[PDB]
A.B. asks: 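Have a look at this one before I ask anything.
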Amino acid sequence: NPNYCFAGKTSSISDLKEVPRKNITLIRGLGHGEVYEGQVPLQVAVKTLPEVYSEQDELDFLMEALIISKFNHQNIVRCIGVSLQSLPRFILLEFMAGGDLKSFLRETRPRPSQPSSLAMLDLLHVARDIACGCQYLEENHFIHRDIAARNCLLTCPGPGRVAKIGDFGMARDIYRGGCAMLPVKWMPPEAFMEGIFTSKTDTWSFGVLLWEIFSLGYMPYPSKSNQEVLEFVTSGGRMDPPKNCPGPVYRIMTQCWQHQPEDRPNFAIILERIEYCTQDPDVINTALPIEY
Ligand SMILES: C[C@H]1Oc2cc(cnc2N)-c2c(nn(C)c2C#N)CN(C)C(=O)c2ccc(F)cc21
């Protein structure tokens, strides 16, 4: 069985906390592999490996458990344990009742009925949360490679929500595929052109996540295909501000999207700038667009 090295420690599948299958109860589907709300009474999310999957699938599923289990940070989802000695194989994760960030932004957009559902400060707190997660990965020399709203989760729908990075399947694949499946809209030039990935790769992607957040869940580069985005970005093209986006927030995006990786901020600097935004009354008093 494969080994995994994070920080100074090497780990194996034998290190994963096996939870007896008999102690695990499935409650409901969550939006499926498949994913369930479960009970161990500890509430968990159950990520399953379909039995119809091959050998590489098994290994990838396994490696992802190892990866998540070795992190220790508040803005990265916890792994409760695994159930690998029965089929289908289970990974048990911290249950995030707020669901994924992209769906949340789209479903929670301010409306005529819910004009006050979300405010600028809520978006800034989500951004800060994920940036704090990205900073922890950066300082531990881990490159995520797929920072995006679809891969972030929320503890709850309501005001006390915490955002966390919840999927590590791309870092798992490159750790050990298709072109039309690559998240090119989240990738910097050196990444999609040279296959070069650094901490500054995640900075660019975080800039796109910021745009996702402040657009309230729109697909990046509206109406452009992957190949068109590739040519656009390579030529110096960048997204416009999301509707009603404060200039200080758009400025963080455009800094994350600098062409040269060395010119882009590390996450410590990103966090500082996000914090300054939350301090500025003109930023947080800005009204979000209410779609009719
Ligand atoms: C592996 C999975 O994890 C969880 C999913 C959910 C909650 N808590 C955890 N741990 C969840 C979702 N939607 N809803 C309504 C709930 C609930 N409650 C999203 N979902 C179906 C996913 O597959 C998914 C998407 C992105 C990501 F980063 C991790 C996951």
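Positions are given from 1, in the same order as the sequence printed here. Side chains included, hydrogens not; waters and symmetry mates left out as well; all remaining heavy atoms used. Just follow the structure's listing: the first ligand is 1, and inside any ligand the first atom is 1.
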A.B. asks: Which named drug shows up at ligand 1?
C.D. replies: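 It's recorded as PF-06463922.
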A.B. asks: Which chain forms the largest contact interface with PF-06463922 when counted as heavy-atom pairs under 4.5 Å, and how does UniProt name it?
C.D. replies: ALK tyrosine kinase receptor
A.B. asks: Compute the shortest N/O to N/O distance between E94 and PF-06463922 and return yes if it is under 3.5 Å, no if not.
C.D. replies: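 Right, the criterion is met.
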A.B. asks: Out of curiosity, is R150 lining PF-06463922, as in a heavy atom under 4.0 Å away?
C.D. replies: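 Yes, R150 has a heavy atom closer than 4.0 Å to PF-06463922.
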A.B. asks: Provide the organism that the deposit lists for chain A.
C.D. replies: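 The PDB lists Homo sapiens.
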A.B. asks: Counting from 1, what PF-06463922 atoms have a heavy atom of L93 closer than 4.0 Å?
C.D. replies: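 Result: 1 (C), 10 (N).
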A.B. asks: I'd like to check which PF-06463922 atoms, numbered from 1 as shown, lie under 4.0 Å from a non-hydrogen atom of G99.
C.D. replies: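 Answer, ordered by atom number: 11 (C), 12 (C), 13 (N), 14 (N), 16 (C).
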A.B. asks: Map the residues of chain A that contact PF-06463922 to UniProt domains and give the domain with the most.
C.D. replies: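 For PF-06463922, the UniProt domain is Protein kinase.
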A.B. asks: Could you name the option among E107, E34, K164, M96 that has the heavy atom nearest to atom 17 (C) of PF-06463922?
C.D. replies: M96
A.B. asks: Check each atom of PF-06463922 against the heavy atoms of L30 and keep those under 4.0 Å away; list them by number with element.
C.D. replies: 13 (N), 14 (N), 15 (C), 17 (C), 18 (N), 21 (C)
A.B. asks: Does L153 approach PF-06463922 within less than 4.0 angstrom via side chain, backbone, both or neither, non-hydrogen atoms only?
C.D. replies: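 Near PF-06463922, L153 shows its side chain, while the N, CA, C and O stay back.
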A.B. asks: Extract the binding site of PF-06463922: heavy atoms, cut-off 4.0 Å.
C.D. replies: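 Heavy atoms within 4.0 Å: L30, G31, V35, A45, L93, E94, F95, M96, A97, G99, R150, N151, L153, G166, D167.
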A.B. asks: Where does PF-06463922 get N/O contacts under 3.5 Å from the protein, atom by atom?
C.D. replies:
{"residue": "PF-06463922", "atom": "8 (N)", "partner": "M96", "partner atom": "N", "Å": "3.0"}
{"residue": "PF-06463922", "atom": "10 (N)", "partner": "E94", "partner atom": "O", "Å": "2.8"}
{"residue": "PF-06463922", "atom": "13 (N)", "partner": "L30", "partner atom": "O", "Å": "3.4"}

